[PDB]
S.K.: 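Today's structure: one with S-lenalidomide.
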Amino acid sequence: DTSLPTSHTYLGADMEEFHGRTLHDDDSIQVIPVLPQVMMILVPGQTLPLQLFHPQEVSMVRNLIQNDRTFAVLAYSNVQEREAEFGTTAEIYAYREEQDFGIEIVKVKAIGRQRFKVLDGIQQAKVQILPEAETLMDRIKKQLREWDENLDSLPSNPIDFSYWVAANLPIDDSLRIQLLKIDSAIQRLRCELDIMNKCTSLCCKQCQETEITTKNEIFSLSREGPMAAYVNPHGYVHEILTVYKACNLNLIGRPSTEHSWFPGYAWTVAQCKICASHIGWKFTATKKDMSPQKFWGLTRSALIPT
Ligand SMILES: Nc1cccc2c1CN([C@H]1CCC(=O)NC1=O)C2=O
Ligand SMILES: [Zn+2]
């Protein structure tokens, strides 16, 4: 099944689901707290799960559930210098309250809503909400067919499809930001097709020499998409692109299934042979009656396109 990765079941069903809808207006200037450790570009309709281990973060996120459940996800240009000029609001839609070592913990799931331009050290961003072609759709929903025949799994609005594509393409974060800056769906669908056009193989960040896999190997195991944010037990948020065949990847260890992001499967660290840096995880179903038996979930972070 493909709902289950989207469920972040590894975290826990726990308690608390918020079916409210909180949506601002066009050219509206808001004030939205920034969560200090999130460094991931987010996109309307893109899910984000978090484990907040730190008391101040665990206070703001608690006082959010009381207010609008909505915070700001910055689209950092430099990141090492909190440089950003766009972002997307996040609205919390699940929740949890744990305790481990007398540390109060908080597990949340959020979802992108609205983009915006960027106008007690919590840090609060004043933002201008930004405002919201079947031809191009076809020509994308096709060349997606030629990458994973599986691609029912795709949205129908020109405005939602364009974000699906923005979240699921293996592109430079530079390109992700370019796509968020676009103020039109048609225009956003036209940059996408021109990006899938000039795509190629993905070399590892560190040596920039060994191809590790290609666009053609990509395949979806989740309804939300081949690409997805999953969080480890640390609290670190990983961006995981699933594929069928990755070349030049040794394996370290012996399979495990604690905290597996995909129910039913087991993971094992993989390692670039060229510089030995950890590239992601190879997977292996826990039962001989599941398909595909073995796939890879690589990290975006480790992969520099050719
Ligand atoms: N237990 C442990 C300790 C240190 C790092 C990590 C883990 C588990 N994990 C990942 C592995 C892949 C998966 O599907 N689930 C996870 O959560 C990590 O990245
Ligand atoms: Zn390498």
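Throughout, chain A uses the PDB entry numbering, with the displayed residues spanning 50-168, 175-187, 250-268, 271-425 in order. Atoms within each ligand, like the ligands themselves, are counted from 1 in listed order. The figures that follow rest on heavy atoms only: side chains count, while hydrogens, waters and symmetry mates do not.
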S.K.: Hey, where's S-lenalidomide in this structure? All the copies, please.
M.R.: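 Short answer: ligand 1.
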S.K.: Under the nomenclature of the PDB entry, which macromolecule has the greatest contact count with S-lenalidomide (ligand 1)?
M.R.: Protein cereblon
S.K.: Which atoms of S-lenalidomide (ligand 1) have any heavy atom of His353 under 4.0 Å away?
M.R.: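 Numbered from 1, S-lenalidomide (ligand 1) contributes 4 (C).
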S.K.: Report the overlap between the UniProt (S)-thalidomide-binding residues of chain A and the residues with a heavy atom under 4.0 Å from S-lenalidomide (ligand 1).
M.R.: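 In chain A, UniProt ones with a heavy atom near S-lenalidomide (ligand 1): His378, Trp380, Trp386.
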S.K.: Please work out, at 4.0 Å between heavy atoms, whether the side chain, the backbone, both, or neither of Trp400 comes within that distance of S-lenalidomide (ligand 1).
M.R.: side chain
S.K.: Would one find an N or O of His378, backbone or side chain, under 3.5 Å from an N or O of S-lenalidomide (ligand 1)?
M.R.: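 Yes.
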S.K.: When residues of chain A contacting S-lenalidomide (ligand 1) are grouped by UniProt domain, which group is largest?
M.R.: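 UniProt calls that domain cult.
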S.K.: Which organism does the entry credit as the source of chain A?
M.R.: Homo sapiens
S.K.: Which S-lenalidomide (ligand 1) atoms does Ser379 reach within 4.0 Å, using its non-hydrogen atoms?
M.R.: 13 (C), 14 (O), 15 (N)
S.K.: Purely on distance, is any nitrogen or oxygen of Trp380 under 3.5 Å from one on S-lenalidomide (ligand 1)?
M.R.: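 Among all N and O atoms of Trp380, at least one is under 3.5 Å from an N or O of S-lenalidomide (ligand 1).
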S.K.: In this structure, which residues build the binding site of S-lenalidomide (ligand 1) when a heavy-atom cut-off of 4.0 Å is applied?
M.R.: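 Heavy atoms within 4.0 Å: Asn351, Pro352, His353, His378, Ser379, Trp380, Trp386, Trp400, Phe402.
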